[PDB]
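This entry carries SNS-314.
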Amino acid sequence: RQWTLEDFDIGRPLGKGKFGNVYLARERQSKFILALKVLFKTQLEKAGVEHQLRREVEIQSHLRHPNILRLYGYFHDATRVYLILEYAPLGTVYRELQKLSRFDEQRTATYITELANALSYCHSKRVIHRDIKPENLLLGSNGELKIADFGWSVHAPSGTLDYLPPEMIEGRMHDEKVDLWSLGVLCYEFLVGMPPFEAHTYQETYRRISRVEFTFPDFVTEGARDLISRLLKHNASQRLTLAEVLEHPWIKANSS
Ligand SMILES: O=C(Nc1cccc(Cl)c1)Nc1ncc(CCNc2ncnc3ccsc23)s1
């Protein structure tokens with residue numbers, strides 16, 4: 001179907017960045033509710049990202065998983081590009097973490113399981129996400145995690161610095177293990193309420209990631225310390241596999 005903007009009723013903003021806003025939308029004919037992200041062509045070409053966008057759409061025509069948000073298609077006009085997305089009724093994990101401050105051990109491990117299942121599938125098709133962070137994790141109507149925004153994704157091998165591994169911040173070669181590090185940064189932020197290498201400047205953060213300089217607060221349990229520490233390894237190969245995450249005593253104990 002050759003979609004046009006007139007096929008939709010547009011509703012409230014769902015979110016917004018400086019690439020474009022996301023709006024609630026309803027397809028006029030079916031009454032189907034979805035999300036429309038409105039990207040400006042000027043912004044995309046002035047940043048030379050039009051190719052990464054074209055690849056995202058292409059990657060998202062193949063990926064089908066309950067824990068990956070759907071990109072149903074796209075259409076353009078004179079000035080803007082419109083992405084046709086699955087609506088995530090419970091919003092972002094980013095907003096949920098701001099509200100709750102931090103996540104208990106049970107909801108953390110459940111998210112990490114859902115994220116690990118999504119990434120396991122992605123890594124099978126040789127797709128690496130590279131941009132795992134709370135703002136790209138959204139919540140389905142049953143509170144289930146969905147990974148979103150495949151714009152920075154690539155086939156392996158190939159904002160803030162908080163979630164990026166050493167091999168990536170140092171402009172070097174990298175593979176799947178990128179997502180494995182980001183999963184460990186997430187586990188930590190879920191539990192603590194802030195990411196492990198947080199600093200007030202880009203340059204302090206960069207120093208902390210490459211030297212892997214992080215400490216745990218008192219309340220983090222030994223099983224969680226163990227998971228996170230086996231994930232946040234400078235040497236990519238030493239890290240841990242998704243299968244080792246999913247079969248981890250802490251995940252098994254606490255995941256629902
Ligand atoms: O942005 C891109 N690609 C992109 C953008 C700019 C440049 C390039 Cl190169 C690529 N892709 C995305 N895929 C999913 C996205 C999530 C949109 N947000 C939401 N979607 C559904 N429900 C809710 C509810 C709360 S927010 C929200 S964004």
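Along the sequence shown, residues carry numbers from 1. Both ligands and their constituent atoms are indexed starting at 1 by order of listing. No hydrogens, no waters, no symmetry mates; every other heavy atom, side chains included, goes into these values.
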Largest contact partner of SNS-314 (ligand 1) in terms of the PDB entry: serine/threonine kinase 6
Polar contact flag for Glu56 and SNS-314 (ligand 1) (N/O pairs, less than 3.5 Å): yes
Dominant UniProt domain of chain A around SNS-314 (ligand 1): Protein kinase
Test of proximity, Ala148 against SNS-314 (ligand 1): N or O pairs below 3.5 Å: no
Numbered atoms of SNS-314 (ligand 1) (with element) below 4.0 Å of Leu138, judged on heavy atoms: 19 (C), 20 (N), 21 (C), 22 (N), 23 (C), 27 (C)
SNS-314 (ligand 1) contact by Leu34, heavy-atom criterion under 4.0 angstrom: no
Proximal atoms of SNS-314 (ligand 1) relative to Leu53 (non-hydrogen, under 4.0 Å): 9 (Cl), 10 (C)
Residue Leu39 vicinity, atoms of SNS-314 (ligand 1) by number, heavy atom under 4.0 Å: 5 (C), 6 (C)
Distance filter under 4.0 Å to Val22 heavy atoms, resulting SNS-314 (ligand 1) atoms: 17 (C), 18 (N), 19 (C)
Residue part near SNS-314 (ligand 1), for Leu44, under 4.0 Å between non-hydrogen atoms: side chain
contact_flag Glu50 SNS-314 (ligand 1) heavy-atom lt 4.0 Å: no
Under 3.5 Å: N/O of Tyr87 near N/O of SNS-314 (ligand 1): no
Any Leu83 heavy atom less than 4.0 Å from SNS-314 (ligand 1): yes
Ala35 and SNS-314 (ligand 1) - part of the residue with a heavy-atom distance under 4.0 Å: side chain
